[PDB]
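Before any comments, here is the structure.
Chain A is numbered as in the PDB entry; the shown residues are, in order, 669-918. Scope of the values below: all heavy atoms of this structure, side chains included, with no hydrogens, waters or symmetry mates. This entry, so its header tells us, was determined using X-ray crystallography, 1.7 Å. One-based numbering, in listed order, for ligands and for the atoms of each.
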Amino acid sequence: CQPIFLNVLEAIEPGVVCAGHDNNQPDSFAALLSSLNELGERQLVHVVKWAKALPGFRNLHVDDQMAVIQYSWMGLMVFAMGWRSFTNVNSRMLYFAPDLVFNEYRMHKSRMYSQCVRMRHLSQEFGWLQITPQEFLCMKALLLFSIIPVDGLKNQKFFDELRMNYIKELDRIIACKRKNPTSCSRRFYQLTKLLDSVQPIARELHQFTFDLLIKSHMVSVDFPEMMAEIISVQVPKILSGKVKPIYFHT
Ligand SMILES: C[C@]12CCC(=O)C[C@@H]1CC[C@@H]1[C@@H]2CC[C@]2(C)[C@@H](O)CC[C@@H]12
C-alpha cells in the first residue's frame, strides 16, 4: 500500500529560496530586515503554489483559500525555517536562507533577538523530539489550517472538514510504527504541543513586522508589494483579535 498522502506532500515541498542579501557588506539593521522582507515576498510565491497543490485545498471557497494563506504564512514560514535550521546547521544558527544565516550577533542586530532565540528553541525541538521528515511535512500542512476569523470563513464547514482530514493523516503517520495506543497518544500530545508553540512566536513576529512597516520610512527598511499589503490588511486583523489561532491545548 503506497502512502499517497505523504507522496504528495513530499512532491510539492518547495525547493531552496534565496534572500538576495549582500553578505559582503557589514551587517546593518536596515539591510538585514530589508532582506528578510524580500525573502518573505519570495517565499510567499512558493507558499501559495504549495498550498494550492495540497490535497483537498481546492475544495475551499476561493476567498477562503487566499485568506488562510494570508493569515497562516508567518507560522508556516517560521516552522519551515526552524526545520531548515535543524537539518542544515543542527540549529546552531537560524537558516532563513542559504544566503541569510543568522548567528547571535545578527539576531541582536535585527532587533528581534528574543524572537530569534525562541525560533532557535523551536529548531532544537525538531532534534529533541526526533521529529521525522514525514511528521514535519504533515505538521506544516496543518499549520495552514490553524488560524481563522472569529466571524467565520465563507464556507467554514469545508474548512473544518479539510482540517479534520489532515489531523486524521497525522494520526496515521503516528500509528505507522506504533502498535501501542498509549505511545500514539503520547506522540500526538508532543506534536500538538509543538504546533501550539508556533503560534505565540508568530504573534510576536506579527507585532514586530506591523510596527516596523508603520515606521519603515524612518528606519530605511524596504517592504515589497505583497508583504506591505498583507501586513497592513491581514496582519492587523490578527493583532486586533478578529482572527485567532486554533490551539489544541489551553
Ligand atoms: C517570514 C520570514 C521570512 C521567511 C523565513 O524563513 C522566516 C522569517 C521569520 C521572520 C520574518 C521573515 C519575513 C519578514 C519579516 C516579517 C520582518 O518584517 C520581521 C519578521 C520577518
Can you remind me what the drug at ligand 1 is called?
dihydrotestosterone
Which chain is the chief contact partner of dihydrotestosterone here, under the naming of UniProt?
Androgen receptor
Atoms of dihydrotestosterone less than 4.0 Å from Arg752 heavy atoms?
6 (O)
Proximal dihydrotestosterone atoms for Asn705, defined as those under 4.0 Å from one of its heavy atoms:
14 (C), 15 (C), 17 (C), 18 (O)
Taking atom 9 (C) of dihydrotestosterone as the reference point, the nearest protein heavy atom with its distance:
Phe764 CE2, 3.9 Å
Of all residues in chain A that touch dihydrotestosterone, most belong to which UniProt domain?
NR LBD
Numbering as shown, the atoms of dihydrotestosterone that approach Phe876 to under 4.0 Å (heavy-atom distance):
19 (C)
To which of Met742, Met745, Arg710 does the heavy atom nearest atom 11 (C) of dihydrotestosterone belong?
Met742
For dihydrotestosterone, which atoms have a heavy atom of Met749 less than 4.0 angstrom away?
6 (O)
I'm curious whether dihydrotestosterone gets near the natural ligand site - which UniProt 17beta-hydroxy-5alpha-androstan-3-one-binding residues in chain A have a heavy atom within 4.0 Å of it?
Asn705, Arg752, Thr877
Closest protein heavy atom to atom 12 (C) of dihydrotestosterone, given as residue, atom name and distance to 0.1 Å:
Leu704 O, 4.1 Å
Evaluating non-hydrogen atoms only, which member of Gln875, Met780, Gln711 is closest to atom 4 (C) of dihydrotestosterone?
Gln711
Where is the nearest protein heavy atom to atom 16 (C) of dihydrotestosterone: which residue, which atom, and how far?
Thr877 OG1, 3.3 Å
Hey, is atom 21 (C) of dihydrotestosterone touched by any protein heavy atom at less than 4.0 Å?
no
Applying a strict 4.0 Å limit to heavy atoms, is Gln783 in contact with dihydrotestosterone?
no
I'm trying to map the binding site of dihydrotestosterone - which residues have a heavy atom under 4.0 Å from it?
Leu701, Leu704, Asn705, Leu707, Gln711, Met742, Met745, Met749, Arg752, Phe764, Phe876, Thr877, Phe891, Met895
